[PDB]
Asks: 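Quick one: structure with darunavir.
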Protein chains: 2
Amino acid sequence: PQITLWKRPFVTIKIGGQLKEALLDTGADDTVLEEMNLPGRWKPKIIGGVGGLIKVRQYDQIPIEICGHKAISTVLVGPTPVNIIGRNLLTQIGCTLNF
Amino acid sequence: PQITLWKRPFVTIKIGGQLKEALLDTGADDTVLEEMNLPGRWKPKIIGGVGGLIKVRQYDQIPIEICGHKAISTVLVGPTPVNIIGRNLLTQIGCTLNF
Ligand SMILES: CC(C)CN(C[C@@H](O)[C@H](Cc1ccccc1)NC(=O)O[C@H]1CO[C@H]2OCC[C@H]21)S(=O)(=O)c1ccc(N)cc1
C-alpha cells in the first residue's frame, strides 16, 4: 500500500517476541530501538544524530516482522528517544518514496 | 518521481535563490536546514533526536522549491549536521511512502 505523511508514520513491528511501535524514517541509515533484550552476540558502536552521539549495541541477523514482511536485519539498541526503522530495513521490504 | 532507499535520499532544493542538497526525511516532523540567513520574523524552537536536543530558529511562510514542486512552508534553521526536508514539506509536494 501507500502511507501519507500528515501524521508520523508509525508501524507495528514484532521483534524479540515483543510488539513495538516504530517510526518509518528515510533519514536514518540504521534501525535503532530503545532499550530491549535481544538474543545472541552483539558489539558496541557509536552513532550520531541531530543532537550528537550515543553508544548502541549492534545485533546482527535479528528476525523482524514489519508491514507483512518477514525480514532479517541488523538492529542497534540504545538511548534513542523514538524507535526508528532506517533504510537498512526499508530497502529490504521494498519501501520507496514517491511524489 | 520514485526514489529507492538503497542510497540516502538527497535531492536538490531551491530556497531564497540558493541551491542546496537536502535529505528527504519521513522521520522529521519539520524541515531543518544548516545555518543560513533568511528574511522576516522568526521564533526559537527546540527539536530533539538521536543524541539530544538542539535550538533552532523557526521562519514561517518561506518559499521553497523541490524538484519543480513549489511550496510555502515553515523552515527551521540551526546546527543540524545535514539539511533535512521534513513531513511539513513532504506533504505539500505530495510525497508518500509506498510498499
Ligand atoms: C530521530 C528522528 C525521530 C528525528 N530526526 C530525523 C532522522 O531522520 C535523523 C536525520 C539525521 C541524519 C543524519 C544526521 C543527523 C540527523 N536520522 C538519524 O538520527 O539517524 C541516525 C540512525 O541512523 C543513522 O543514520 C543518520 C544518523 C543516524 S532529527 O534529525 O532528530 C529531526 C527532528 C525534528 C525535526 N523537525 C527535524 C529533524
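Quick note on labels: first sequence line is chain A, next is B, and so on, each numbered from 1. Side chains included, hydrogens not; waters and symmetry mates left out as well; all remaining heavy atoms used. When a ligand or atom number is given, it counts from 1 through the structure's own listing order.
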Asks: What is the full set of ligands or chains that belong to darunavir?
Replies: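 Counting all copies, it's at ligand 1.
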Asks: What does the PDB entry call the chain that holds darunavir with the greatest number of close contacts?
Replies: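 It is most in contact with Protease.
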Asks: Which chains, by letter, have non-hydrogen atoms under 4.0 Å from some atom of darunavir?
Replies: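 Heavy atoms from other chains: A, B.
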Asks: I need the residues around darunavir for my notes - heavy atoms within 4.0 Å, please.
Replies: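 By heavy-atom distance, those residues are A/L23, A/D25, A/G27, A/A28, A/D29, A/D30, A/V32, A/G48, A/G49, A/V50, B/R8, B/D25, B/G27, B/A28, B/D29, B/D30, B/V32, B/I47, B/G48, B/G49, B/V50, B/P81, B/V82, B/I84.
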Asks: Which protein heavy atom lies closest to atom 31 (O) of darunavir, and at what distance to 0.1 Å?
Replies: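 Ranked first by proximity to atom 31 (O) of darunavir is A/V50 CG1, 2.9 Å.
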Asks: What is the nearest protein non-hydrogen atom to atom 24 (C) of darunavir, stated with its residue, atom name and distance?
Replies: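 Scanning the protein heavy atoms, the shortest distance from atom 24 (C) of darunavir goes to A/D29 N, 3.6 Å.
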Asks: For atom 38 (C) of darunavir, what is the closest protein heavy atom, and at what distance to 0.1 Å?
Replies: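 Looking only at protein heavy atoms, the one closest to atom 38 (C) of darunavir is B/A28 CB, 3.6 Å.
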Asks: Within the 4.0 Å heavy-atom shell around B/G48, which atoms of darunavir are there?
Replies: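 Reading through darunavir atom by atom, the close ones are 31 (O), 33 (C).
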Asks: Could you tell me which atoms of darunavir, counted from 1 in the order shown, lie closer than 4.0 angstrom to a heavy atom of B/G27?
Replies: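 Atoms satisfying the 4.0 Å criterion: 2 (C), 3 (C), 4 (C).
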Asks: Output yes when the distance from some N or O of darunavir to some N or O of B/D30 is under 3.5 Å, and no in every other case.
Replies: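 The answer is yes, given that B/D30 and darunavir share an N or O pair closer than 3.5 Å.
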